[PDB]
Asks: 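This file holds Platelet-derived growth factor receptor alpha with crenolanib bound.
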Amino acid sequence: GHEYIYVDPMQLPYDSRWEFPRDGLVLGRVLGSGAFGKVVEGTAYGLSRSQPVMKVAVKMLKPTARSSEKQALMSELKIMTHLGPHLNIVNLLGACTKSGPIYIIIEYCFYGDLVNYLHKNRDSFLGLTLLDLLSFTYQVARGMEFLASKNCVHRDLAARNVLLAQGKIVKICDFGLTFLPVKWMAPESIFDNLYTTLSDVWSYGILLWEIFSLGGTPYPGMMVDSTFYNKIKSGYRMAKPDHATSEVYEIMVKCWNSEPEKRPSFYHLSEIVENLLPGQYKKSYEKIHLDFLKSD
Ligand SMILES: CC1(COc2ccc3c(c2)ncn3-c2ccc3cccc(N4CCC(N)CC4)c3n2)COC1
């Protein structure tokens, strides 16, 4: 087996088929700021056949960029290209890699992160409807089932990183390569430092609690501290959210099995959520899925 080796995307040569002109691209208002790294609204001219002028977002390093930070961006780009495109993740459109700082052009989602959108329509939720919640839950499952398929572990699945595009299509992000999102991590991920696809299912069960309580902080009123860990190890789990059907809560509780092997697959989760949804939505989703693959 000296023969079979692991193909590490970050070593494979960059594909310049991606590369896009910098006089073709206009920067814009900042959308989000990372510790290092930032995103921006963008306008690209000639980037797409489908749209001559289109609205993007660009990821760029902050001005204080150590070189090491510089490679991280390229690696993410290489990881992105390798992953391929899927409907439920924020796809790569182009990148600028020569004669300047690196820019990765990503899809732009009009609504924004699920947390803000949910807060906005909390009142309108009887208007935002239960099916709407179910629609998102299904596409978070589908997107992840794609990600796991590529052996990609997100490590930070949550609502702030679920985005809602035009067409109410949810796109996940930051799936590409310390303070840790403790409320969202599986036990093995906190105690054992084990990050896997089965621990992203945990985070997903936390994401649903986020959804169905219409944007509620996980473990509200509970501050992470020694007692919090002593609770989680002992098996403590959040109660049912107010707006979640008995059926869905069952879905979370499955996601929070102390044993990882016991947690359902994303592929499995897509299925459970599909039977919670009108048949016409599954039709709507496939037509949209085809159309996306046909864009450009
Ligand atoms: C004008 C508005 C626009 O919102 C947005 C925000 C981000 C948008 C967006 C539209 N299209 C895309 N992205 C992205 C893209 C990549 C990201 C890679 C990493 C992190 C992101 N973040 C972090 C900050 C926040 N959670 C938003 C997502 C990213 N976002 C805000 O009202 C809608």
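Along the sequence shown, residues are numbered consecutively beginning with 1. So how was this one determined? The header says X-ray crystallography, 3.1 Å. One-based numbering, in listed order, for ligands and for the atoms of each.
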Asks: Which other-chain residues or nucleotides lie under 4.0 Å from crenolanib, by heavy-atom distance only?
Replies: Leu31, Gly32, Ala57, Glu107, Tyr108, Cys109, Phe110, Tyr111, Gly112, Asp113, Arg160, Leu163, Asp174
Asks: If you look at the UniProt active-site residues for chain A, which lies nearest to crenolanib, and how many Å separate them by heavy atoms, rounded to 1 Å?
Replies: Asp156, 9 Å
Asks: I'd love to know which UniProt domain in chain A has the most residues in contact with crenolanib.
Replies: Protein kinase
Asks: What organism is named as the source of chain A in the metadata of the entry?
Replies: Homo sapiens
Asks: Any chance you can tell me which UniProt ATP binders of chain A have a heavy atom closer than 4.0 Å to crenolanib?
Replies: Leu31, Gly32
